[PDB]
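All residue numbers in this chain count up from 1 along the given sequence. Remember, it's 1-based here, ligands and their atoms both numbered in the order they're listed.
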Amino acid sequence: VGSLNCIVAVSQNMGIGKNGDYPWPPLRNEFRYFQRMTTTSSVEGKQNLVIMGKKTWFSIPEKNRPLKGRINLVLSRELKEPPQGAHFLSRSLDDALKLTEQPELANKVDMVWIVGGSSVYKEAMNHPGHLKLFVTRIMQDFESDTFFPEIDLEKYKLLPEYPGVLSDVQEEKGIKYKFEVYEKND
Ligand SMILES: NC(=O)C1=CN([C@@H]2O[C@H](COP(=O)(O)OP(=O)(O)OC[C@H]3O[C@@H](n4cnc5c(N)ncnc54)[C@H](OP(=O)(O)O)[C@@H]3O)[C@@H](O)[C@H]2O)C=CC1
Ligand SMILES: CN(Cc1cnc2nc(N)nc(N)c2n1)c1ccc(C(=O)N[C@@H](CCC(=O)O)C(=O)O)cc1
């Protein structure tokens with residue numbers, strides 16, 4: 001019960017993963033940016049909630065699990081309890097959001113960040129209400145086996161700027177990328 005946002009890093013051909021990992025070499029400032037966006041809460045004494053499907057939870061290195069300073073929720077219909085290190089397990093995105101409204105969490109969470117994977121995004125994308133997409137455009141093609149859903153530009157507007165988000169083209173390990181913010185309201 002705060003903002004609902006999706007954050008993703010996409011190659012030119014819309015890939016986000018390849019054999020359980022992201023397709024390019026590690027980009028430390030892309031990770032630094034992902035960490036600060038998802039960890040920074042807007043209010044005082046609140047923490048943001050991160051929602052992720054199971055394959056995404058297992059692609060984070062064990063040392064980095066759970067993602068520090070955030071409430072980590074995993075989506076799965078197969079698991080019986082949250083994986084080791086996870087704070088909550090939900091069977092569906094609606095239940096994950098119905099949970100935020102439990103007195104439990106109702107007072108602790110600021111923003112909800114959808115961090116993947118593809119089915120998770122596809123659904124938050126069609127979910128109604130106000131939604132922002134924070135897209136990292138990796139400007140090169142990468143062999144992938146999982147993709148980000150098509151952004152409908154009649155519903156999503158690309159913003160010209162956003163506070164805290166660099167506007168220039170970045171480059172790291174010879175890969176250029178840029179940060180984009182899209183907003184919907186329906
Ligand atoms: N570049 C980037 O930004 C990102 C890259 N990644 C990478 O992308 C790929 C992750 O892949 P993807 O296959 O899309 O995986 P998810 O992380 O979406 O895992 C899919 C599993 O999560 C559960 N799940 C997914 N959607 C839901 C739902 N709506 N309700 C309940 N359970 C759900 C199901 O678990 P079950 O079968 O147990 O029911 C499903 O088998 C990896 O390669 C990862 O490293 C991931 C995130 C962002
Ligand atoms: C598999 N993967 C998914 C992944 C990677 N890049 C992304 N980039 C963005 N922009 N959006 C995403 N949703 C995203 N997700 C991972 C892998 C590692 C960590 C992770 O270790 N993150 C640390 C960052 C520490 C660091 O490398 O600086 C954290 O505290 O956020 C996160 C996501």
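- Looking at ligand 2, one finds the drug methotrexate.
- In this PDB structure, UniProt names the chief binding partner of methotrexate as Dihydrofolate reductase.
- The binding site of methotrexate (heavy atoms under 4.0 Å) is made of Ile7, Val8, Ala9, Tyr22, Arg28, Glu30, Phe31, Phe34, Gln35, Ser59, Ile60, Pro61, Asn64, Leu67, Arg70, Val115, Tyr121, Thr136.
- With ligand atoms numbered from 1 in the order given, methotrexate contributes 6 (N), 7 (C), 8 (N), 9 (C), 10 (N) to contacts under 4.0 Å with heavy atoms of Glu30.
- Each of the following atoms of methotrexate lies closer than 4.0 Å to a heavy atom of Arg70: 29 (C), 30 (O), 31 (O).
- Those atoms of methotrexate with a heavy atom of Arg28 less than 4.0 angstrom away are 27 (O).
- Distance remark: protein heavy atom not present below 4.0 angstrom from atom 4 (C) of methotrexate.
- Near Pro61, the atoms of methotrexate lying under 4.0 angstrom from a non-hydrogen atom of the residue are 18 (C).
- Less than 4.0 angstrom separates some heavy atom of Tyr121 from each of these atoms of methotrexate: 13 (N).
- Shown in contact with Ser59 at under 4.0 Å from a heavy atom are these atoms of methotrexate, numbered in order with element: 1 (C).
- With a heavy-atom cut-off of 4.0 Å, methotrexate reaches these UniProt NADP(+)-binding residues of chain A: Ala9, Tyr121.
- Of the residues that UniProt lists as binding substrate in chain A, those with a heavy atom under 4.0 Å from methotrexate are: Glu30, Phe31, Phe34, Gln35, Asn64, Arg70.
- Within methotrexate, counting atoms from 1 as listed, the ones closer than 4.0 Å to a heavy atom of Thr136 are 10 (N).
- The dominant UniProt domain at the interface of chain A with methotrexate is dhfr.
- In this structure, atom 9 (C) of methotrexate is in close contact with the protein, since a protein heavy atom lies within 4.0 Å of it.
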